[PDB]
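Entry featuring cefoxitin (bound form).
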Amino acid sequence: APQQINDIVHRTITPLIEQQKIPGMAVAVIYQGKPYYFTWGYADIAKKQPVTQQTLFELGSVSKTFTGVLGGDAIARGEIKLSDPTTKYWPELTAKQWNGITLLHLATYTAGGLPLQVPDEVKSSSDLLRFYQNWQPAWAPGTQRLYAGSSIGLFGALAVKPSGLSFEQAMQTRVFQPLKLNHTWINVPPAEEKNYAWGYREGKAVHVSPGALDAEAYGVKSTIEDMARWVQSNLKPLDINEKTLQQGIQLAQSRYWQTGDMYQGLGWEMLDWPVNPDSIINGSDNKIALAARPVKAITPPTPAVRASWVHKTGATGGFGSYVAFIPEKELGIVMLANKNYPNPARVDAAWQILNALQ
Ligand SMILES: *C(=O)[C@](NC(=O)Cc1cccs1)(OC)[C@@H]1N=C(C(=O)O)C(=C)CS1
């Protein structure tokens, strides 16, 4: 019953905010098809603007879930295949290392060591091309997983090319609108500026900066309500009336690669439920999560497994986000904060809450 929810959430999150000195935070728990919302603190400290259910947070790397699903939808539409070579979409990518790198590799960080970020010196499309052309792999395609915004980013930009739409147009018309995420943005419009929290880094108020392939890797700003709706859409894709979008959501939770007890989806990462909590909490530390690891191909990919812990962490310089959910149990959580605090604290809090509700 809802008292269970309130009790575990309050007991769990109030110490976390105190320990991590989080200025503002929004949490949603999704339980049996219903969301339950909790907010604390300030969206803007200087102006004493409180966090509310309409406050926008930067998702950072959680945006990659949207990118994964938008790709999944382009696959379902027959516009692209994950088996296609990158060069089919960017024929200017002629350097020899691109021979053998597929869209699957890009989408799943397995191209052979594309880096965590696109370098800050890349400001133009010619700078981008030069970057990928000069890039030297460390491993053969499909052999090591190295978590990389420059990999999934490129996938995003390539995956929308056949549509004829920009990445933002594709995401708005094919994902945001059908799911009725009407307070979810890649570019925040004037009507929402008042709701857009500041991030806090070493005490300074900050917003994410423009960057190459930002829309694709870390584009999205959203509210706790819309994120709870994103979680629900991903927990229960069969309720989605748009067929290609339903299928895309399912494709993003297919298991493509395994490393240790983790399975790579498109954006999403997955473990079998029940999980070992120490494995996901410690696994979330950047020392571990950003390290290169050999992967085993799952040939062919396993379709979305209901008994999974499905999750993704995200950060910008000012923001820390986490989404997890367990489809078999109709259970999930969203944690949005306007400080970047360590991932294991997010994941530990989330597990404490969801495990209690299972
Ligand atoms: C995902 O969260 C991450 N970064 C972002 O999404 C957005 C940015 C963070 C800093 C500038 S943009 O991968 C793309 C995280 N980035 C970092 C990083 O600082 O490079 C991490 C240490 C974890 S993954």
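To match the PDB entry, the residue numbers of chain A are left as they are there, and the shown ones run 4-361. All ligand and atom numbering here is 1-based and tracks the order in the structure. All heavy atoms count here, side chains included; hydrogens, waters and symmetry mates do not.
In this structure, the ligands or chains belonging to cefoxitin (bound form) are ligand 1. Ranked by contacts, the top partner of cefoxitin (bound form, ligand 1) (the one with most) is named in UniProt as Beta-lactamase.
Residues touching cefoxitin (bound form, ligand 1) within 4.0 Å, heavy atoms only: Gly63, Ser64, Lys67, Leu119, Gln120, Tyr150, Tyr221, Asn289, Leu293, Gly317, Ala318, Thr319. Lab note: covalent bond from cefoxitin (bound form, ligand 1) to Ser64 OG. When hydrogens are left out, the protein atom nearest atom 24 (S) of cefoxitin (bound form, ligand 1) is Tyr150 CE2, 3.9 Å; that is the closest non-hydrogen contact. Taking every non-hydrogen atom of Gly63 and a distance limit under 4.0 Å, the qualifying atoms of cefoxitin (bound form, ligand 1) come out as 6 (O). Below 3.5 Å of separation, one finds an N or O of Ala318 facing an N or O of cefoxitin (bound form, ligand 1). From cefoxitin (bound form, ligand 1), the nearest residue that UniProt flags as active site in chain A, along with the heavy-atom distance to 1 Å, is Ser64, 1 Å. Considering both main-chain and side-chain atoms, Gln120 comes within under 3.5 Å of cefoxitin (bound form, ligand 1) through a nitrogen or oxygen pair.
Of all atoms in cefoxitin (bound form, ligand 1), numbered sequentially from 1 with element shown, those under 4.0 Å from a heavy atom of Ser64 are 1 (C), 2 (O), 3 (C), 4 (N), 5 (C), 6 (O), 13 (O), 14 (C), 15 (C). Using a 4.0 Å cut-off to heavy atoms of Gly317, the atoms of cefoxitin (bound form, ligand 1) that qualify are 2 (O). The N/O atoms of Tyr221, backbone and side chain alike, include none that comes under 3.5 Å of an N/O atom in cefoxitin (bound form, ligand 1). In this structure, the protein non-hydrogen atom closest to atom 21 (C) of cefoxitin (bound form, ligand 1) is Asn289 ND2, 4.1 Å.
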